[PDB]
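Overview of a structure with actinomycin D.
Every chain is numbered from 1, with letters handed out A, B, ... down the list of sequences. Readers should note that the entry appears only in part, and the reported contacts come from within that part. Per the header: electron microscopy, 2.9 Å. Modified residues go in as parent or X - their extra atoms don't get counted.
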Amino acid sequence: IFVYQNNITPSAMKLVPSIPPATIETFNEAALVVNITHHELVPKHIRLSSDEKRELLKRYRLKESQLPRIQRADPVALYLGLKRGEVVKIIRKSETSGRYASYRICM
Amino acid sequence: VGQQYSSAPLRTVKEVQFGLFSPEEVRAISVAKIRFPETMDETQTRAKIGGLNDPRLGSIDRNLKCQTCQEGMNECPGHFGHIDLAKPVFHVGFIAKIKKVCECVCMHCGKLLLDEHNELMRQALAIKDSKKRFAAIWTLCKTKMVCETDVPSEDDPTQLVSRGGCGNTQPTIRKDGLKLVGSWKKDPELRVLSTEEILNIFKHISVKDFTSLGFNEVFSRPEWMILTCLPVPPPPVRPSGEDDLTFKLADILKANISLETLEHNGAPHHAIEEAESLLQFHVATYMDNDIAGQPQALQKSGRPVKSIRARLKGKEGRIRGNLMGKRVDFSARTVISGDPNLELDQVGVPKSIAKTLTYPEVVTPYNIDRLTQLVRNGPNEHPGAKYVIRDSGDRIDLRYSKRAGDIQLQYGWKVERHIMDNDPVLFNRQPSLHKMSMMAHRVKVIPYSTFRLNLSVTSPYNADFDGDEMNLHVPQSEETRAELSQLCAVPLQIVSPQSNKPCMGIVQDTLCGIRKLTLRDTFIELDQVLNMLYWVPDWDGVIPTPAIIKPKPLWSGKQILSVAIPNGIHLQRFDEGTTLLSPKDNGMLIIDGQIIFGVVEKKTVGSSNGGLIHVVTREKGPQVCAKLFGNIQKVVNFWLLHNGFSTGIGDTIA
Amino acid sequence: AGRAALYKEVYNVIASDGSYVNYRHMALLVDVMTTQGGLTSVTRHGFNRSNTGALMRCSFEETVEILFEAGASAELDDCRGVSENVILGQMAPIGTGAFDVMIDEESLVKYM
Amino acid sequence: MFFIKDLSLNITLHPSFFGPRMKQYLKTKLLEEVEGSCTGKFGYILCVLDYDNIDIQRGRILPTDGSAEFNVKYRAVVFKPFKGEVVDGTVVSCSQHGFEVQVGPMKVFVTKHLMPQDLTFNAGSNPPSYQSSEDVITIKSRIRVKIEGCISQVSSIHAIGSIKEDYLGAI
Amino acid sequence: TXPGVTXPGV
Amino acid sequence: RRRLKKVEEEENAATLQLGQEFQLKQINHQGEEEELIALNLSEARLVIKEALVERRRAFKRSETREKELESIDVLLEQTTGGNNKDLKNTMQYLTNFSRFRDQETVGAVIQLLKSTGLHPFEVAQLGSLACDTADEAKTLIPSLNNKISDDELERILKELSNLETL
Amino acid sequence: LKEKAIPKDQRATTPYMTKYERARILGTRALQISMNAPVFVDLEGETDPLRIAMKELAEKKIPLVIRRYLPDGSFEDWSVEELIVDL
Amino acid sequence: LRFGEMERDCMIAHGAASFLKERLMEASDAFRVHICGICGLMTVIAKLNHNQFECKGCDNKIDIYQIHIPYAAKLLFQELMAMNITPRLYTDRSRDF
Amino acid sequence: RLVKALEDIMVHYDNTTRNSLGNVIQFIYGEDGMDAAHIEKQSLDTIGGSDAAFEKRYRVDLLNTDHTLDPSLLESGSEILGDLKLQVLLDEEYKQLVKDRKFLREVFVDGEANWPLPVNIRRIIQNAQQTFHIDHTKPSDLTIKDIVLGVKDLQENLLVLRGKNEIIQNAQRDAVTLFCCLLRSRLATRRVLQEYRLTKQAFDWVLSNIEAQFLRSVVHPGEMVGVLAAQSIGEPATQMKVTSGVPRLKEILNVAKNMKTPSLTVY
DNA sequence: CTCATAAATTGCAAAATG
RNA sequence: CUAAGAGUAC
DNA sequence: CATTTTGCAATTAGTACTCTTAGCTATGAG
Ligand SMILES: [Mg+2]
Ligand SMILES: [Zn+2]
Ligand SMILES: [Zn+2]
Ligand SMILES: [Zn+2]
């Protein structure tokens, strides 16, 4: 994770994607002053393992696209370091049932 | 009689596959080439052969069968013709798309500008959906203006790899009306990109290139976006004075003949260009007359021509005016009036409307006698029958059939008869903003000219009686009847999913009356008690012991009203400041179906959550709740009739 | 969090005039609007752009343009939507149509 | 030649036909329609194997119809002619244009152009036959013929045969 | 674009 | 796929393009793949006889050429009803051109041709045509060219001709 | 079809007949009764095909099965006999 | 009387699919049109009394099907084909859900 | 616009809420799988009241005197006191109730106790009381073990999802957790024995009725919840410092970058 | 003398510079 | 018959 | 390396009723 003060030069963004499996993630200090995940609006996000994703798609008979989508630019997706194809489990305090579990696939 | 039997297998459409007509497909499917712009021959009594109304595309007269399929106008789908255009023209709907495609492929060698050697092409081609692929490819290759006969190597930017590029420079392409003009960089060279050269360059696009652009090998290739053989819809599409499409096709044929003669006889290039532009304009206005910038193709009467796009789009187009919503038979509409003596799920149907709207009932050993009697009665008295459909498909109308004598009905036939009592009929008040505004009622035939519905059931419909009109739809099969009665029945709709509370209640006079009836001061003598008890249809037949026995037997209003409330209902609401004793008689306590205390008013019998309606329907069922509606309205309306309630100017005076 | 805010906005709209709508209706609305990862508006530029079938996309707005784009892209419409089966005049796979009714010969014989 | 293949047929049953003998009705109605029939896709169809328990499946009520649409799957024995296949047969008729040979359920017409120059028609004989220098082809005569051309029709499959090749003729 | 959906441009 | 129109090579036994649905492997009604077996004339006759006697027994509970023809005619008339003209012609064609009598000989033939490890169409044609020599078999069935050795084919047709009876 | 058909031993749907299932069962059965289908229940004088279907369903004498389609295309076969009509 | 869009929507919310189909097909316009399985277009010449179905171009006479669609739908498809769009109608699934 | 947007949403047979494409909108309808028409407003007693009041209402101790029980409440009122097994059962039951109290206080920041839930327990309790003629003076026939095991078994019997794997079981527990919290709030041993004074047959009948009503309130697969929601939102719109009503509904559905009155809330 | 033709949303590719 | 227009009902 | 700027049309509650008018005008030529 690279943390910058103000911005990154455009000539530096192009070389940010290095040789795999090394991944570089850029975050702004101003955007990291407040942790978004502690907001009451923000529910609990838990990254799923590959085995868990396979079990999810098996049990719910889903395809990759039939899951709810989460952009690979969402502040929470950047926060937890999601890569495309990884499914997050969302625990939400519902008002009709106490707990509701959703699943969002990164796109 | 409908349509006669066909031996072709019957299936339901599972997948609708779109695409573009290939010109050879248009030539193959066409049954008659159209060559002359006239519609009728010189005799004016037959359809001209070779004209726009060739009988091979479908007969225009009932007395004549279609020349191709040897079937009448009732059966013939209408078969397409084809006009072989003298020169290719743009499709008006695809011009922009065409532009984009010709902005992505080299205009000389006919190959895509940036193959996978370019950095972003791997990401662009990795996209799955065709539309996003094309969007990325266009937005990346639109700024590239060279075919790049030699490109830097993917391994390293030192050596040069030569691909199948001709090395020319692609132009900047703009649209000037119905044509595309290209400006090549000056070594600018501005020239109109003729449809012939664009069609040529599209026919040179490799399969991989255009399937990466989002096109398909089989269904829609890019070169099919340029028209060379225009399909001619049959006269069924443009019935006849002639239709607007007929005149537009006549104009197209006239322009095509003009250009063809100028080509064959030889002519200056300017006249050829003018004829080509006129042909393009006529084709575009035939397919779209609302082109921005260009003037509308006006009709012979001075009005804009109705193009096909105009026929499709809009509220009155095909989709929204004839497919999403369409005019239907077996429906009535008239003024609505209230009737406190009707059940909640009942609707009053005028005798005339019942005599008009009909239901087909299949002849069964169980209903042979009654349908036979209805047939004997005929269609001019109610109840009766209007038609008999035999197993052979022949229809017997009860009018003019009495001469042939009585009809011996056979099992399996249909008797199409007047809608009678207890027929599930969909009842609707428009705009019909929710599902409760369209509910299944039971027919009660009445001897007057208005629809009659319970006062409560007006609340879901948002219906008054100051001139409102309502619609009545009759199912024409046992399946639709059954699911209408078992899913759309009014009692099943009492509790709305809209707010998990009842949508109907006691309203208007009854509500006022019930408040006046359940006051502590309200005491009822023996005779009025007997009448009110009898007015409850499901009264158990035992007179409750009066609230006061000596010196005069007086029943309170709460005691009599508790007869309407079904046995076994417990309700306990505490209003503002009420105690277990009620100094203000507010609140509500009902124990085992007897109103222990509380004035019965809007909060109790109205459409409120936790009220009497909700409790009754959740405990005993929707049918018992409808029965409760009827009983409460009956008893309260009788009491208010014999008590009276008015209002005047003095009521507004302090 | 955007979906939660959208539900709160819709609920405040519903409750401004004192009316009450069940939670699950507004929850379905906000979940449909945010099932694509972003706030999909209820507009011709919003839900109508999703690749959900040309015949039902055109039934709302921009009919002829949708038909042209489907023809150009050779779209395959699977006729799963309500509007597709409404247009083609066939029982939509909804409500009573969300299943198939078939016949058991063995049970019919076992009855008698 | 003779093969056995999987076939599927869609049968529609009226509401009045649903009784304890529905399976018997479906089994009988599969017969009389495909037994000994002919189609262009699979040639002739002679009989159905394993009649003890044929796969009938469940059926499906057509909405607003009530008639059930069964998709009955079965094993059918077929005789599909193929191009360039040698097969024995029996001559049943002769004419100027050629002669007909009985192969299974079908008749193959060998034209007069497809016999050696020595063989010639002879109508003087009763019945008329084909006489050559070394052999004669008459009625009810065994003959081996190679099919070299087939036209695919549904109600009646047609094949074109010949005996011009070596070791083709009367056995 | 257009208008609607000037140009581009102008 | 759903390719509109269809371009296909002409059916040719020598080229072994029996058809797109006449390939070696076919998915059965159980969902698995089985080889496309081809029944020779004697084997097909025996299969038809077994099916017809099974049908006759089910309905009941619910050799020389002349006597065999009489028996098959009686059984066919007893088992099925009408539209059997094609079935009768095929049955008499099979009985007349019957290369084998009973189950043991046809089983021996089919297991020998399986041990040859050859195509089912080709082995069925070999069991159907009463060939004598090796080059004769090669010229009768072009598909056998450059597939099997001369001596092995000659000897196996020798045993096949030996197994011919009546 | 074999891959699609979920075996009876592991059907994961509700054993209770839904309102839509009951509505369609009643509609189909009433239609068949109207078209002279055999009746498996004794009649106490009823003549309406709909109430005939209701009486048939009351004692589970309807010879039909629901084929409930999962969103993936897989289906479960629930015989009307083993479905419990609670509503 | 008009069975408008939102009336259809109310019948959808009620879940009565067969009643909606009856409203939009039997009560208004039910049209039997023929197509071929090769090309899903309605370019099938039908001779019902002579029992001959033939789609010219595809060179087929046994790969035909009949479908029941509203005449408005047939007219829409005809105007689409007249406008160089092929709404091919296929009676089997070429893809999984 | 709302109807067209939501026209293809449907509850499928696996209880998920999917559109025409098969995309999952909700993994269970309404996040609890309940039909909207079968929902009534009820009070959650665990969340309300004070810690001392909650203890007095629910805390049961067989070893002390501050939170003991009257022996006349039940048949074995003088035998249970001093026991260890039933004290363990009450200890875990009260710990579960404390957990429910904390959970519900977490779910609702404002502590609102009246919320819409499928099955109305109060009406069933009153029906049993009026059917079995509870006299409120006779010692109860029930035993504590019966009450605890019956409540636990009833919670196990409320099935929304019938699947047979860990994901489906977790989803089922998540779907029924709030209704189970309500059920424990109402059918507590203290409340059953003292406030309501259920008998043995009456308790069994209450359990059976709760199970039946909950299984009856589950949403029906094939339900067109999309059009239902669209109409249920649009119908109140017709009856209609910060913009509200129809203009605000338009501002929300048409997700507009610029809106008339953008206001921000800071705590 | 009669037939034939003259509010509010969206949706950007240029063109210029220093 | 079609199209356009005007007025009107809820 | 950093901005920057610009020009506008299509689509937008349901049904339902009644009545009124008009359908290329004028000129050439066989
Ligand atoms: Mg009014
Ligand atoms: Zn025709
Ligand atoms: Zn080039
Ligand atoms: Zn075709």
(request) Tell me where in the structure to find actinomycin D, all copies included. (result) chain E
(message) Any idea which macromolecule actinomycin D contacts most in this entry, and what the PDB entry calls it?
(response) TS(template strand)
(request) Note the other chains with a heavy atom under 4.5 Å from actinomycin D, by letter. (result) B, J, L
(message) Any idea what name the entry gives to DNA chain J?
(response) NTS(non-template strand)
(request) Report the molecule name of chain E from the entry. (result) Actinomycin D
